[PDB]
Each structure stands twice: as structure tokens, then as C-alpha cells.
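Let me begin by presenting the structure, written as C-alpha cells, before commenting on it.
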2 protein chains.
Amino acid sequence: XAXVXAXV
Amino acid sequence: XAXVXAXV
DNA sequence: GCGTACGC
DNA sequence: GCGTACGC
Ligand SMILES: *C(=O)c1cnc2ccccc2n1
Ligand SMILES: *C(=O)c1cnc2ccccc2n1
Ligand SMILES: *C(=O)c1cnc2ccccc2n1
Ligand SMILES: *C(=O)c1cnc2ccccc2n1
Ligand SMILES: [Mg+2]
Ligand SMILES: [Mg+2]
């Protein structure tokens, strides 16, 4: 759920 | 030489 | 429920 | 000359 590299 | 994650 | 970010 | 960054 976090999006720092994927954002899901 | 770039440092975005290692910086060497 | 998945992976992006740079060159001295 | 190497790897850091977050949870809905
Ligand atoms: C987001 O909060 C989150 C948490 N754990 C995960 C595990 C695997 C893929 C995506 C995820 N996203
Ligand atoms: C993004 O691609 C990514 C990959 N791994 C991580 C680990 C911990 C925090 C954030 C991250 N983001
Ligand atoms: C920095 O400019 C730079 C370029 N290529 C590398 C290859 C391997 C380790 C570190 C590097 N740093
Ligand atoms: C830092 O850990 C890191 C790792 N791989 C990369 C690829 C491309 C640009 C920057 C990067 N930084
Ligand atoms: Mg892509
Ligand atoms: Mg460390």
C-alpha cells in the first residue's frame, strides 16, 4: 500500500 | 559515482 | 496488493 | 567505485 518503488 | 541508493 | 531510483 | 526507499 505504500508508494515510495511500487505503489500498490 | 551517483548517489540516489548507494553513493560511490 | 509490489517494486524505482544514477553515474564520479 | 555500489546499492536505499514503505505499508493500504
Ligand atoms: C501495502 O501496504 C503493501 C503491503 N504489503 C505488500 C506485500 C506485497 C505486495 C504489496 C504490498 N503492499
Ligand atoms: C520500490 O521499488 C521499493 C522496493 N523495496 C523497498 C523496501 C523498503 C521500502 C521501500 C521499498 N520500495
Ligand atoms: C558512479 O559513477 C558509478 C558508476 N558505475 C559504478 C559501477 C559499480 C559500482 C559503482 C559505480 N559507481
Ligand atoms: C540504490 O540503491 C540504487 C539501486 N539501483 C539503481 C538503479 C538505477 C538508478 C539508481 C539506483 N540506485
Ligand atoms: Mg517499469
Ligand atoms: Mg545498510
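Chain identifiers are assigned alphabetically (A, B, ...) following the order of the sequence lines, protein sequences preceding nucleic acid strands; residue numbering begins at 1 within each chain. When reading the values below, keep in mind they use all heavy atoms of this one structure, side chains included, and skip hydrogens, waters and symmetry mates. Modified residues are rendered as parent or X, with their additional atoms omitted from contacts. The header says X-ray crystallography, 1.3 Å.
The drug name recorded for chain A is echinomycin.
Other chains within heavy-atom reach of echinomycin (chain A), distance under 4.5 Å: C, D.
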